[PDB]
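Just so you know, residue 1 is the first one in the sequence shown, and it goes up from there. In listed order, ligands and their atoms are each counted from 1. As a basis for the values below, the full set of heavy atoms in this structure was taken, side chains included, without hydrogen atoms, waters or symmetry mates. If you're wondering, the header gives X-ray crystallography, 1.3 Å.
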Amino acid sequence: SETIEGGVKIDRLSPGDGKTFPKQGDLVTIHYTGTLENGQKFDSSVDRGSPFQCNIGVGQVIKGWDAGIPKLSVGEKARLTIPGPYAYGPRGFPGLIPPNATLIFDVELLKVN
Ligand SMILES: C=CC[C@@H]1/C=C(\C)C[C@H](C)C[C@H](OC)[C@H]2O[C@@](O)(C(=O)C(=O)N3CCCC[C@H]3C(=O)O[C@H](/C(C)=C/[C@@H]3CC[C@@H](O)[C@H](OC)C3)[C@H](C)[C@@H](O)CC1=O)[C@H](C)C[C@@H]2OC
């Protein structure tokens with residue numbers, strides 16, 4: 001496991017092109033599944049049939065995504081394990097994320113613009 005900013009962990013699952021990495025502000029297209037530590041799924045873009053898009057590195061998303069996504073290359077699949085302070089902190093998110101939760105995201109980087 002690689003330990004990056006905040007103590008977020010990356011487990012590399014299957015490789016990308018090893019050369020096309022997102023830079024600050026780039027639009028990324030990602031499919032994800034999010035689970036709690038006990039393995040209980042809370043959300044998935046795959047279940048919606050629509051990949052998620054954001055600009056990375058600008059605070060649109062939780063800190064653990066801004067930390068982890070730039071370390072992936074196009075096509076890569078990885079698991080991000082994100083401690084509470086890099087996710088939803090003491091507050092959580094109603095109906096989905098308890099207080100102080102470590103979150104697990106399986107992510108696939110589909111495209112970079
Ligand atoms: C503008 C309102 C609706 C708007 C909703 C969308 C565009 C649809 C988009 C697919 C979100 C999902 O909708 C099905 C759903 O995704 C989750 O299930 C989820 O897996 C998740 O954790 N994601 C989504 C994928 C990127 C990482 C993370 C996130 O960073 O999400 C971001 C997030 C909530 C950041 C908060 C912002 C407030 C801060 O206080 C907090 O700081 C701790 C962090 C999302 C993208 C926001 O930028 C935009 C929105 O909220 C959340 C558990 C709840 C969230 O629904 C709300």
**Q** Mind checking which of evernimicin, tacrolimus, tigecycline ended up at ligand 1?
**A**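 Of those, it's tacrolimus.
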**Q** Going by UniProt, what is the chain that binds tacrolimus with the most atom pairs under 4.5 Å called?
**A** FK506-binding protein 1
**Q** Among all protein heavy atoms, pick out the one at the shortest distance from atom 30 (O) of tacrolimus; state its residue, atom name and that distance to 0.1 Å.
**A** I62 N, 2.9 Å
**Q** List every atom of tacrolimus that sits less than 4.0 Å from any heavy atom of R48, numbering the atoms from 1 in the order shown and giving each element.
**A** 10 (C), 14 (C)
**Q** Is the contact between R91 and tacrolimus made by the side chain, the backbone, both, or neither, using heavy atoms and a 4.0 Å cut-off?
**A**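 No part of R91 comes within reach of tacrolimus.
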**Q** I'm curious, in chain A, which UniProt domain holds most of what contacts tacrolimus?
**A** PPIase FKBP-type
**Q** For atom 55 (C) of tacrolimus, what's the nearest protein heavy atom and its distance?
**A** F93 CZ, 4.8 Å
**Q** Is at least one protein non-hydrogen atom found at under 4.0 angstrom from atom 33 (C) of tacrolimus?
**A** yes
**Q** Among protein heavy atoms, which sits nearest to atom 23 (N) of tacrolimus, and what does the distance come to when rounded to 0.1 Å?
**A**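 Scanning the protein heavy atoms, the shortest distance from atom 23 (N) of tacrolimus goes to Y88 OH, 3.8 Å.
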**Q** Determine whether the side chain, the backbone, both or neither of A87 has a heavy atom under 4.0 Å from any heavy atom of tacrolimus.
**A**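 Within the 4.0 Å criterion, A87 contacts tacrolimus through backbone atoms alone.
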**Q** Could any protein non-hydrogen atom be found less than 4.0 Å from atom 13 (O) of tacrolimus?
**A** no
**Q** What is the source organism the PDB records for chain A?
**A** Candida glabrata (strain ATCC 2001 / CBS 138 / JCM 3761 / NBRC 0622 / NRRL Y-65)
**Q** Nearest protein heavy-atom contact for atom 9 (C) of tacrolimus: which residue, which atom, what distance?
**A** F52 CE1, 4.1 Å
**Q** Quick check on contacts: which atoms of tacrolimus are under 4.0 angstrom from a heavy atom of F42?
**A** 20 (O)
**Q** What are the atoms of tacrolimus, with element, lying closer than 4.0 Å to any heavy atom of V61?
**A**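 Selected atoms, number and element: 26 (C), 30 (O).
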**Q** Which residues, given by chain and number, make up the 4.0 Å heavy-atom shell around tacrolimus?
**A** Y32, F42, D43, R48, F52, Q60, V61, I62, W65, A87, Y88, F93, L96, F105
